S.K.: 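Lab note: structure loaded, ligand of interest is voclosporin.
Going down the sequence lines, the chains are called A, B, C, and so on. Chain A is numbered as in the PDB entry; the shown residues are, in order, 1-11. Chain B is numbered as in the PDB entry, which gives 1-165 for the residues shown. Just so you know, these numbers use all the heavy atoms, side chains as well, and skip hydrogens, waters and symmetry mates. If you check the header, you will see the structure was determined by X-ray crystallography, 2.2 Å. In what follows, a modified residue is given as the parent amino acid, or as X, and its added atoms are left uncounted in contacts.
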Amino acid sequence: XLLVXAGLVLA
Amino acid sequence: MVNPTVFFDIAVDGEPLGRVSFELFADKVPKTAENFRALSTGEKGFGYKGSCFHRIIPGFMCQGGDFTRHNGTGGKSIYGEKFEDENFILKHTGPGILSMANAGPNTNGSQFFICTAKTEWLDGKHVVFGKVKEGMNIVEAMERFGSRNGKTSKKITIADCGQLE
């Protein structure tokens, strides 16, 4: 998808 | 307190591109703003200078601030390895918004993103703490080096950074 994460990047 | 202003001097594969400045909303989120400010000046002996934007998605955002691992797994705050979500008073209203990347609730480190669109779905999950003042066109220029999966075709870098006011 459209996330802004730090480590486990998801859809 | 007057909201502080910081700048990034951006480079593309070493070549200067331009300057982006940000207003930091210390009047809403003083702790979150202070962390970004200090990391931008390097006054704690570490920070954003020389770091890269590891993940850029055109039409979405530019992500950077990982100055220890340069890939999304690193960075630290001036308060320690992580700090809490200060508040969610401010929202992701449009291009230029400056907001904290995280790995779920209360895991703010040093990673951030500059929005190139309104990102409403992120409201309440990511702490908004600033907005681009000058050089949005430079952000737009940075954006063209990203891709749908985030990978950048050129090394986008913070050649220099500091506080203007």
S.K.: Enumerate the ligands or chains belonging to voclosporin, duplicates included.
M.R.: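 It's found at chain A.
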S.K.: Trying to figure out what voclosporin (chain A) is stuck to here - the chain with the largest number of contacts. What's it called in the PDB entry?
M.R.: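 The chief chain, as the PDB entry names it, is Cyclophilin A.
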S.K.: Which residues from other chains neighbour voclosporin (chain A) at a non-hydrogen distance under 4.5 Å?
M.R.: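 Heavy-atom contacts: B/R55, B/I57, B/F60, B/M61, B/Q63, B/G72, B/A101, B/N102, B/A103, B/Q111, B/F113, B/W121, B/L122, B/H126, B/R148.
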S.K.: OK, next thing - residues of voclosporin (chain A) with a heavy atom under 4.5 Å from chain B, by chain and number?
M.R.: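 Within 4.5 Å, heavy atom to heavy atom, you get A/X1, A/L2, A/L3, A/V4, A/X5, A/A6, A/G7, A/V9.
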S.K.: Find the UniProt domain of chain B that dominates the interface with voclosporin (chain A).
M.R.: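 UniProt calls that domain PPIase cyclophilin-type.
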